[PDB]
Q: 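Please take a look at this structure featuring aminocaproic acid.
Along the sequence shown, residues are numbered consecutively beginning with 1. We count ligands from 1, going down the list as the structure has it; atoms in each ligand are counted the same way.
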Amino acid sequence: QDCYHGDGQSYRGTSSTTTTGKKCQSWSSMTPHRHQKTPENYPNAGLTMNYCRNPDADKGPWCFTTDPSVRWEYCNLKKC
Ligand SMILES: NCCCCCC(=O)O
């Protein structure tokens with residue numbers, strides 16, 4: 001099962017697609033979106049490849065988007 005539990009900071013699945021069906025930008029890529037959500041900045045977060053994560057304590061997993069126009073979105077993951 002690829003779901004999450006409550007806030008999903010726990011998650012470590014390899015779901016890398018947006019809520020709207022967009023590819024997730026890779027965490028360390030500063031293209032298209034430059035940001036500070038790097039493993040250098042969050043060594044415990046699991047800010048690997050381009051999978052949905054929660055380095056910020058948000059309500060659920062998300063990622064930056066490869067759509068230059070859409071900086072970030074929630075992930076297409078379910079609460080389990
Ligand atoms: N936690 C949801 C919003 C992500 C904001 C990304 C930021 O620009 O650092």
Q: According to UniProt, what is the name of the macromolecule sharing the most 4.5 Å contacts with aminocaproic acid?
A: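 It sits in most contact with Angiostatin.
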Q: UniProt domain of chain A most involved in contacts with aminocaproic acid?
A: Kringle 4
Q: Does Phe64 come within less than 4.0 angstrom of aminocaproic acid, counting non-hydrogen atoms of the residue?
A: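 Per 4.0 Å heavy-atom rule, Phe64 contacts aminocaproic acid.
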Q: Heavy atoms only, cut-off 4.0 Å: how does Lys37 contact aminocaproic acid, side chain, backbone, both, or neither?
A: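 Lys37 to aminocaproic acid: side-chain contact only, backbone stays beyond 4.0 Å.
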Q: If you count the atoms of aminocaproic acid from 1 in the order shown, which ones are under 4.0 Å from a heavy atom of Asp56?
A: 1 (N), 2 (C)
Q: Would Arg71 count as a contact residue for aminocaproic acid, given that I'm defining contact as a non-hydrogen atom of the residue lying under 4.0 Å from a ligand atom?
A: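 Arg71: in contact with aminocaproic acid (<4.0 Å).
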Q: What does the entry say about the source organism of chain A?
A: Homo sapiens
Q: Got an N/O contact under 3.5 Å between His35 and aminocaproic acid?
A: no
Q: Heavy atoms only, cut-off 4.0 Å: how does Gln36 contact aminocaproic acid, side chain, backbone, both, or neither?
A: neither
Q: Could you help me figure out which residues touch aminocaproic acid at a heavy-atom cut-off of 4.0 Å?
A: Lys37, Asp56, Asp58, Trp62, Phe64, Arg71, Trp72
